[PDB]
Structure formats: C-alpha cells, structure tokens
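Structure, mezigdomide included.
Heads up: chain A is whatever sequence line comes first, chain B the next one, etc. Shown for chain A, in order and in the PDB entry numbering: 42-425. Chain B residue numbers are taken from the PDB entry; in order, the displayed residues are 1-545, 551-771, 780-1140. Values reported hereafter were calculated over all heavy atoms of this structure, with side chains retained and with hydrogens, waters and symmetry mates removed. Determined via electron microscopy, 3.1 Å. Atoms within each ligand, like the ligands themselves, are counted from 1 in listed order.
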Amino acid sequence: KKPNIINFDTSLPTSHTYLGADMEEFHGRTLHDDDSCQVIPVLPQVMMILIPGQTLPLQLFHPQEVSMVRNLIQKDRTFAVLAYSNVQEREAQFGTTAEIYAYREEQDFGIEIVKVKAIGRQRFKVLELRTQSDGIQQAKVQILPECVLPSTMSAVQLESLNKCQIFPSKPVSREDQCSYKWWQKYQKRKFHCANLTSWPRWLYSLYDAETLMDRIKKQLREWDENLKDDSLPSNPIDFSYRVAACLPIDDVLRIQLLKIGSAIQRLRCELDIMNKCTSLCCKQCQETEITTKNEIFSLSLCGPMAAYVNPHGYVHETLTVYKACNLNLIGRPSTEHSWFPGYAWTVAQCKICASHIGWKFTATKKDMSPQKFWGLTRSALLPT
Amino acid sequence: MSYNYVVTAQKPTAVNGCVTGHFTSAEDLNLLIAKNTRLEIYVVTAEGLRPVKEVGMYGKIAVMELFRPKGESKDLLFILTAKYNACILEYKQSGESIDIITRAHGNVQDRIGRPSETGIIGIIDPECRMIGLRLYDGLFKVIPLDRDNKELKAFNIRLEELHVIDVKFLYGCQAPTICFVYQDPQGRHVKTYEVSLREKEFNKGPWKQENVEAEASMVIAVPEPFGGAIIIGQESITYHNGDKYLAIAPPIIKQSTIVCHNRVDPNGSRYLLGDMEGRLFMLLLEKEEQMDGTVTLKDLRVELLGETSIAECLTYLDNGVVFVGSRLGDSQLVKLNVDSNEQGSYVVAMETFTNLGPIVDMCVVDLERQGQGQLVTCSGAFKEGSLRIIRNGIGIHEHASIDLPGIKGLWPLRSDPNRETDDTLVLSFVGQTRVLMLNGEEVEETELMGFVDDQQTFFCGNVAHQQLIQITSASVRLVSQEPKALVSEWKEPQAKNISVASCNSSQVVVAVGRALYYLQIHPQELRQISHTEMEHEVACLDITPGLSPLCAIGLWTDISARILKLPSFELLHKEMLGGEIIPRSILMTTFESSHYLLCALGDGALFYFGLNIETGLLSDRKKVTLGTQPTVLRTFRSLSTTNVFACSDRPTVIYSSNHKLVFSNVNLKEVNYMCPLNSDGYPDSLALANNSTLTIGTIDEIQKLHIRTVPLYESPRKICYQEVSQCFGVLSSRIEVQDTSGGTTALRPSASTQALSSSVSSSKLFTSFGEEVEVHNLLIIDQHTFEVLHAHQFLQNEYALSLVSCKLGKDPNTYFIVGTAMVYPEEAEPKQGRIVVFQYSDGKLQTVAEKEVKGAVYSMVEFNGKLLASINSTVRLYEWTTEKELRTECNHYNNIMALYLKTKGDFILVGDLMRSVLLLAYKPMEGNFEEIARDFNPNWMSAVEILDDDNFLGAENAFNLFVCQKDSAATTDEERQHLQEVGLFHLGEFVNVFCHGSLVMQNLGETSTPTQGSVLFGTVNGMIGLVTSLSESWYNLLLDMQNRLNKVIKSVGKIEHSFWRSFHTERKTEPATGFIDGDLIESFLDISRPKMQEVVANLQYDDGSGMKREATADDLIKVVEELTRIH
Ligand SMILES: N#Cc1ccc(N2CCN(Cc3ccc(COc4cccc5c4CN([C@H]4CCC(=O)NC4=O)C5=O)cc3)CC2)c(F)c1
Ligand SMILES: [Zn+2]
C-alpha cells in the first residue's frame, strides 16, 4: 500500500533492456487477408496463450530454431503461437500469429543464440498440424476474422435526433460528480430510442462498448492508480485485448476469452470474471493465500502482468503486488538479469510446498519503492 | 428447406421526411412524404391534402430532396437509399397515366469505410451544381450534376475533421461553399470550405473558424439577402456571416432541445422550429438594418406558438397551415393563426393521419365476431401513447338513421315519371306495409294509392310496361304508373295466402301453399302465363335474368334445391342441398361474369353452386359458413357489377375479384334485412335495417383495414388480454418531474391518473430538482368501452418488464403475472426483482402472490400450466402451489441473458441481444432442461419466433430476417447440436414483436390452403407483416415466376430486386435464400395483358400429373388470388 510516490519511469519494462540494448528493429507491420488459409511456421518450446497486442520476449539456442528464425526474417516476419489447452502435447485448436519487430543474433559461447521480441497481431484456428522432418512444423491456419458491431441504436435510431449523438468530451478527467452526472445524461440522451423498442435503456447500456469500458476502467482505477489515458486505447478491440492480457486469470479462461470474436462479448466476460475473482492461490497447494484483488498495481505500461524471459529462454508472465503473503526468500538479492532497471530480485517460494511462485524485488536506490515489489509468475497461480 | 412467404398486410405509417415543391407541375404545389419504402405525392390545396400518387421504392429513403437545375420546368427528386442506391427521378403524366421516370441511378457506396456515427447527410447546392453526401468518416462524397452524368459518378474528398455534426450549403456564394460544425477535444467549432469541382478538392472558407456553444447541434442556412448560417444549440441561437455575429439566450427553449426546422418564407425572414417534447417555436429575423442597400440582422426574437405532436419533420404549407410529420406519434395538419389566441396557444388542429408506429407489443383477440381475429397494439410513445385496434372488413359509412320496431323487409318503389331516381320506399312491418316516402330527408308514412295498407306485403317493386307491382300475402296487386291507380288485381284462383313470392322486371312467380303459378306482366293487364304444381311446398323461389330461362325453387318438405323451366313444368335440374334444414333464400347472380347459384340455408350455411345460363346447371359444389342465422341474400347495385349482401347475424359482402368470390365482413353487429336505396338525397346508398333501427349509408370499395384509437397519454409497454374478465391488461409508464418536496408531480392528465379506481403497491421485501423519473403502472381496460377500469402503481424505482395473462396449475382462476426489477442509477445491472400475481375480480385488483427474485425478470411465458421465467441469465420454472404461492421446480444456467422466451409444446427457445439463439427441451420424466442445439453469431437481434417444431424465425441487424432449422435426422452429434441457417431476407424494417394469428376468417375449406401457419410481426415504422410456410414445388414455381417478374417490371430508380432483398450487414452481405417476396408476386396482377404473357412462357405450371408447358396466364391468376386471401 504505497500511494503517491510511484517514481519508476514506468516505460523501461516495456522495452526489455535486459535483453540487450542495440537490438535491431523493423520498419512496421504486415497484413493477412481475412478468412484466408495460410501456412505459418510454429516455433516450439513455448507453452502460453498470447493475447493479441502482448509483447513476447524470446531467447533461442538450438540451431534448428535459430535457422527457422533466420530464414523466416528473410521471407516475411510472421510465425505462429498455438494456444495450448490444459492437455499438453500439441493439444491446441486456437492460436495467434506473432510479428517480429526486434532481432539480434549473437556469437558468444560458440553458439548462434538469437534474442527476438515479437507481438501478437491476428487470431486463427488451426485446421491441421502437419509436422516437417526438419523440426519446425508449419501449421495449416485459417485467419479468424475480427467482428465489430455498430451501435445497438443504429437499427432503431430516430433520424431527427442523429445530430445529438455526438457527445461533448468528458469534463476534466477522472473526477467525481463529473462522471456520474455526466454518465446519467449520456445514457439518457444516447438510448432515447429505447422507447421505440420493447426494452428499457439500462438493458441497452448493458451492451454498450463505452459504458462497459468505463466500468472496467473504474474498477481498474479502484485497484491501481491509472493515469487517465495511460496507453489505454479508445478502440474497444484494443482495450478488450489489453484487459484480457492484464487480467489475473488461468489458462482456460484465457482460451475462452480468445475464442470470442466480438469486443462487446469479451468485455462482458471480462467484467463477469474480474467481478467474480477476488483471490489468487498456489496451484501446487490450492490451500494457501498469497495475494488479493486490491493489492495489485503496475510498473509497466502493459498493466499488472507482462511476459519476460529468464536467461535460459523460458517465458514467465509476472504479476506485480504491493505485499504478498505466505512466501519465503532464499539467497541474497541479486540483479544480474533483472527485468526491472533498478531492483535486485530475490527468488520467492511457497512456505508449504516450496514452489516457485515468483520473486521479491528489493530496491537499490533510496528514491524508489522500498523493497516492496512482488513479481509472482503464473507457474503456480490460480483464481480462487 | 424453409420456403417461406412474407407479405405486408399494412404498409408502414411513420413519417421520416417530407418536402414541398413544384414536382408534378410548375404551377401546382406538392407535398412529398416518405414513410419508409413508400413515397407519397400529395397536392396542397385550400381544403387540405389531395393524394395523387403512391410509389413503392426498393429501399429505405434515407435522404430525399427536391432540386430544379437550370433549363428545367419543374423540380426533380433526388432520393438516396440506406443501401446507398442514389437516384434522380422525374414526374411525368400524360392525361391519365402516372409514371415516375428515373433520370439517373447508381450505387454510391465505398468498398472500405466505417459509416458515420451521426449518419447519412445529403445536401444539394442551392445553385444546383453538386450533391454532397457525408456517408463515411473523413470522406466527403461529391456527385456532379450534369445532363451527361446519367450513372452518378462521384468523387471523394479528404476531410481533416473526422467528427462532423451538421453540414449544409450556404446561400449567396460565387463558388459552392459548405459550412459545418465539428468536434475537437478543444471543443466545438464551425468551419467553412469552398468546394471546387475543377480540381476536386477543398479550399479556404469565406470566413474563418469561430468557436461556438459547447452543444451546437444544428445548422440552418439563411437564404438571400441575409446570407450566412444560424447555429442552434441547447441554450443559444447564433448567427454567423463573417464580420457579422450575434447570439441570443432565450429562456423558453432551455426546457428541451430543437431537433427540426423548416423555413416558412422565401426570403428567410421567419423560421419554424420543433423540439423533443413537441412544441412549435418561431424564430424571428429582423431586417430593420439597411445602410446602403445591404440587409443585415438586428434581432432574433423567439416566440412559442403552441404544443403539437412530437414532430420529426416540419413543413410549412401555404396560408398558415403546417404539416407536422410525426414518427412516434400521429401526423397532423395544424393551423398557425395569429388572431385566435384562445388560451395562449397559436395553434389549432385541422387533421390527424393514422400512425401505428412504433408497435411495442400487440395481441390477436376475437373481440366482436367469433372466428375472425382483431389486432390490438401498443402504439406511440410519451404523450402520444395509445391503443390501436385494427380490424379487417368493409366499412359502411353511416349517413342517416330512423326508428322502426323490427322491420321484416324493405323495398323501393317507383311512382314518378321515369328519371332513374328513387322517391319512395315501402317498409313491410309485422302486419302492415308502411310506405315511408321520402323525396328528400322525410320520415313520414304515405301509403301508395295502388298498394294495400295492412296485408304483410311479400314483394313491392316497379314492374315493366309502366306499372308498379306490389304482391302481398292475400293477392298480387298492380298499380299504374302515370294514372297511379290500381288497374289490375291478380287475385289468386284459390284466394289463399301467398307463401313465397318472386318478382322480376316483367314476370312474377307466386307460390301458394305447395302450388306454383307463373304470370306475365302486360301493359295494364295481368295475364297468367302458366300453372303447375309441386310435390313439396316451395320454401324459396327466385327468378332473375326480360324472360328468365329457369326458376330456382327450394323444397320445404324435401330440403333440396331444384331448377325448373319457367315457361314449362318439368324440372331442368335438381340436387340435394345438404338436407339438414329447409333452405332460407336462393338467388342467381352473375357477379364473376358467369352463372352462379348462391343458396343460403336457415342454419347459416351457403351451399354455393355453379349453374349454366343456357341450359342445365353444373355442380361446382361449395359450402361456406356465412353465419348462424338465415341470411337474406340481396344484390345491391352500388358496386362494380352486382355484388351480394348476405344479411345475417354475421353480415358479409360477396364480391368477385378474379373469378374467386371474396366474402368480407362488415362493421355492423347484425343486420335483419338490407336493400339498396339510391335516393336523390343519398345517391348510391344502401338501407340496412337491424332489429331495432333502420340506417341508410354507403359502403367501402373492398376489404379495407380499419383502425380505432384509444389515447392513453402515456407510453404503453406490453399488452395482454384476459378472456374471462373481458379486460385488457397493459403496462404503461409516465414521466414525472422531481420537485423539491420529496414527491413526484406529474406533467399531464394520463390514463393512469384518470382511472375509476386506483391502487399503489405496498411491499416490504427489501433526487435532484428537475430530474425526470419513470412511474410504472398496470392499467386494466374494458374490452368494449375501452375505458381505464383500474390503474395499479408499482413501487418507486421499480421497472416492469413482462406481462402474461394465464391460468396456472389446477386453479380455475386466471391471473395477471408481472415481472419487475428494482433499478437504481447507482448500479448498472439490477440485483433484485419481483414476480407479482394479480387477479382482477369485481372491478377490484388484488395481489394474489408476490415473489422476490435476485435479478431482472426479462421475460415470462406459460409452459403447460407452469410459469417459466428468465431471471438475468438463468431460466427458472415455477409451479403453482395449492396455497397460491409460486414454488421453484427446475433451473438452467446460461451464459447469455434470456431476453426472449418462446415455447411450442416442450421446446423452449431462448434468445438474447447478441443473436445467440439457444434451444432447450424440458424432459418431464426427469424434470430438468437439456439443450438440443445452439447457434451463435455476433449480431443484433430484435425478435424471435417459433415457426414450427423444426424452423425458427428471427429479426437480425440491418433490418434483416433469418430462418434457422435443426437437422434432427443428422447422424452426427456435432450437426445435431448446431442450428443450420437456411433463410435470409432483407425486410427493411425493425421488427419488435412476433405473434401467431391471422386477420382473415379461419375456414378449413377441406382442401386447406397452399400456406401452412401464419405469423404477424409489427415494426417500429408501424408496418404489419405476415409470414407463412410453403411447399417445395410451390416455392420453386413462385421463385421462377419472381425471376421472370424481375425482367418485366420496371422499378423506380432501377434498383435490382435481388440486391434490395440481399441479406445486408455492415460486415457481410449475401443473396436472399428461402424467402419469397410476396409484394412482387402480388404485383403480378397489376400489369397488363402483354406483360403477363411475357412473364409466363415455360413455367411448367401443372404439378399434379403432367407439365402443361404452355401454363396459360389465368392459372397464375388462380395462384396469386389464392395467395392474396391470406391477408
Ligand atoms: N543450448 C543452450 C544454452 C546455451 C547457453 C546458455 N547460457 C548459460 C549461461 N547463462 C548465463 C547466466 C546464467 C545464470 C544467471 C543467473 O540468473 C538466473 C538463473 C536462472 C533463472 C533466472 C535467473 C534470473 N531470473 C530472473 C529473475 C527476475 C528478473 O527480473 N530477471 C530474471 O532474469 C531467472 O528466472 C545469469 C546468467 C546464459 C545462458 C544456456 F543456458 C543454454
Ligand atoms: Zn504452495
């Protein structure tokens, strides 16, 4: 519970300075035609559901993967990540395509180790998983389309009161009595055509993109102090994807959120989940309290949760917490490969089963959060 | 495998646009009104509006404007469709033929682009040089206006301000100048551009951007000589012309925002305004400034004229008459007189046009005549909320009434020089014959000189050879025409009582007992023609053509119908007419240019038969239940050729349309006897005498649709009908302002505050001054007088959603079940609701049961005596206990909110606003729900209905209809669990409610109908539809005939039917499948003989053995006419 002073310059974790500094970048983006069937290579040794818009650091050591990355960059820069279900061993039916934007291949240790960062772009459902003898299987993928719905009032809209559908900008920003009173008249003036239909106005507000985004923002600001438009997009697709990425949920719920093709349904599901979720427990225990719903904040622009890589290449999704419970520390706080520029991580273990729940990040300089930063991963973390 | 047939039973009524101008001709002034797909051209005159033309366009009119380019005599009409089918049309009439020729046509949509949030804006340069359309954000589309641009080629211009609220062309600019208000995070601004056609981009505006009010809503272009633009927002009215600038802050317009306008002067000196709540304002511009010939503003005084209907589109007609075009209320034609000022209101109403939309809910009830349905809707909103009662029948417009204690036959008589006019009518009383002579509007009785006084006359008419024949019970008498004295008295040979008498123009057949005598009318003589005898008594006899080839006689002792040669005695033909009862009246008519024998028995059944005029008679057997009383068939000449009035307990008018007799009811309770009476005072009238009084009036053309209004002055939400209580239960809501006293004061006398008895809910299971709060009421309305018998007010902050009138369990009582939800501004999703069960008895409403539920009861239905409720996203089943308390039985938890619930047998259909159709079945041996199938697709769903156990109908986004069915015969589980979609259609309307029923008489007809089932739906615009199922062969034949009709019929704007009916969505469009456009099929009857010959060449009409590749032309008539009788 450290308010006010949050001085960290919360943009370095989004840059991954631990993975090298002079990392070669790429100019821009790419497009795949919708509802089209493609062949895309699948890099192995990754088991995580990557929601679109989420950055993924990667270190690769094996010659087959390094060669796949090299000849992948020389022809497009897209590979595929499969959203594996609870069953392992390629038991996946949905997935996403990661786009390369940062690359560097390095020669120390007599190997051709490659460090690459990539962000999700599209969503697909795999038709058939054909395996190539080289070791890098290419999956027969169908591009899942993104569905955006118009206003629920557009069908029943009154022609005359169209000009009063452009609301003025919100008054000031994140201020009481400038939202409740504004939201009431916004609902009254937007859904004025709900009298033509057979349903009240609040029912149509339950299916409005703006209102659900506002409710999610309000509850998030209740959790941690958001900086108004702190990189949170106005586009409902992007906001829904960001919230799904930052939500502290398990794999099955992530797959369920990924299956949804409309922003509004995703927002409704997200609201239901984070209203019904209050605690996170130890997966190896299912009996110990480590966190809660309110003791969660963000030192990264991606939210409370983001993907990082240990020096061995394994990918961890880490959640930041003011104060954890039922944890013990072993080893002196070291900072050889810390993802946070200024902290010295200390490995954290369950006090009962001694499972790797996460790390404790002690501070080094005095003008920062004093040794109160729990980076717990999702290896043993389930909603309860 | 659906093969549906959709037709419109009542065209949409809500108005969404109206213009005035010289459209039909340069001298005439016309009012063009677009209701949705229909364009009506009226003519403005001193008396009012004279309709001229009705045109159906293949689209929804989103933009309509009248423009007159250079070198044109009268204005042309530019219409844009919601599917972006731009067209330019011209009125062309040649004496009697009215046709609208399409000057230009073309789709103007873009391949990529999000449609604007403000919506389609279509504007025309006042100098008629360009058409500007704002269809997509950041792109202004421009269509040049040249005579060679017959394909409407348009170019896009990039607009830097994405959010444009309102844009219009300014008046008085050398180059085309647009002026618009746009939104920026810094606020709202007004900017102008100088559009150049040569280089196809914008330029610098005449006057720079000026900051305006934070709620600048609408822009109106002031014409010459003033120029500039007037910006109207919530709290200010401003005028901008560059250097010139003024603003006002009147207090009378702060109550509500102005949403519409219409100029009333050619020079723009005065302007007309309307707001949300429906009051007329009058913006006044002063031209008092004149320095050196320039005219500039001086003041903008705003004056409130009065209160009218909630108006969407104002239009000022000539000479102080305003057409108030309402969409959620009723269209009006009001007077703007400045000298009346009765109580402070400058407006008085002249007319009011019917407007059924929006139709929030409806029900089908047999109010008056058993077997025929009547539609009771919940129309209007706010102060225009009302109950429309729709009925199907021929409306007899009453003209006069008189008193007669049960007349037993009326007959006009001619005792005047030949002038083809009716002067006197003799009414046959119980024992006498009171000739109620009336040259004008008289009511006295003047006995005819040649007619008896008290003899119970059977027939009394004008015979040939200048005489009047009045056959009475005793003996048949005659009277001369010019002498007007009894010259001949044809006394019966046996001097008995004339049982049944039949009279014609020149021959009279009289039945005495079981014997028949025939006599021929001769000048001043009664010469008998023939005598004969019959085995049985003559129950009914009628002879109709100079000379009747045969006479039809019924047998009293045999109950059979025979036809015998009048100049002879041997019967020509005979048949057994059922034999149940003695026939009541048999007539021969030529309604369909044929020989038809309509015989009506005493039991109310017409044993319709077909006869031959030359010799003999066919059979063409037909039985129609015309009522439950012995009808008196009487053909009335006030019709196309002859018609027939079967006066009975259920009066009907029998008219032939396409050689197929239609039997349309009449708007009368019961008619004892009817007769034509073409009096001089009331030409082409009809005297119908009932059991108490005799009225004189005309009749409508054919089978209209009549609407009765019951205003409630508050919005009705749901309606249900209770048979045993003879009452209608309707939910309603009124807006009450929050005063600074802790109470809630109303705004106007509503139906809930004017009820005979009132109640307020009192339950215990659980702000700012000026705020409007909803107050919800349940009104009980009598079904006959339509007066509010009761009004129950619910608790504060309680919103009532659903309403079902049904009997639960073994309880004989029938109850009103209402599901409510406590809604608060603080929360978004309601957490608590209430199921309340009322029982209306003895004019008092009591709360039998009351259950508290944790959620909102979105819908409820009656499932085999068990109440089925939808609390939030859960479907629950409630059992009616013996102690009158609802008990839960089973639950089924969904991930979707069960907004829609429809049951058919044991098949529950659960729907939501995300088009997530779900299907359920209730296993009664186990008692829990189980899902059969599921069909999810992200889109907006308005309503859903169960067509049958296999198919389901629904309304989707962009005014579409879809049909989904489950393949229960599939051998794979994944196919069984999915609902295959096999029907798509672009209706063009927003359907709110689906209901089973029909508005026509339900007759089995032995062979039934080619259509199975019947579903009616009501839309926001106020259009009533009708969808039925078809067979495979019938669907294929209709589809082929529709395809051939597409190549013959020329549509206005040349919009292809397939494109118009293609399933449309912002994301993806598909061709229509599984649906037959009934409008196009019924349009086959309105085209000429050569066109119908062109349509049918190889349809292979016959399906019952053989093909008959010729297919004729009248076979399609026998097809379309049978398809027209369903509505
Ligand atoms: N084939 C092949 C092949 C070739 C070469 C390989 N090389 C072997 C030598 N490695 C150098 C080295 C080893 C060990 C360390 C200690 O750091 C460790 C160790 C283990 C787990 C974690 C960390 C840090 N850490 C988190 C803490 C939170 C945070 O903020 N950041 C983090 O990194 C972990 O989770 C540092 C550098 C380089 C790789 C190879 F391993 C395979
Ligand atoms: Zn543990």
Just curious, which ligands or chains go with mezigdomide? ligand 1
Determine the main partner chain of mezigdomide by heavy-atom contacts under 4.5 Å and name it as in the PDB entry. Protein cereblon
Counting only non-hydrogen atoms strictly under 4.0 Å, which other chains reach mezigdomide? A
Tell me which UniProt Zn(2+)-binding residues in chain A have a heavy atom less than 4.0 Å from mezigdomide. none
Considering only chain A, which UniProt domain carries most of the residues contacting mezigdomide? cult
Taking the residues UniProt annotates as binding (S)-thalidomide in chain A, which ones lie under 4.0 Å from mezigdomide, judged by heavy atoms? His378(A), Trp380(A), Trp386(A)
Would you look up which organism the entry lists as the source of chain A? Homo sapiens
Which residues form the binding site of mezigdomide (heavy atoms under 4.0 Å)? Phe102(A), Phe150(A), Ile152(A), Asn351(A), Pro352(A), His353(A), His378(A), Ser379(A), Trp380(A), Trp386(A), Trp400(A), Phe402(A)
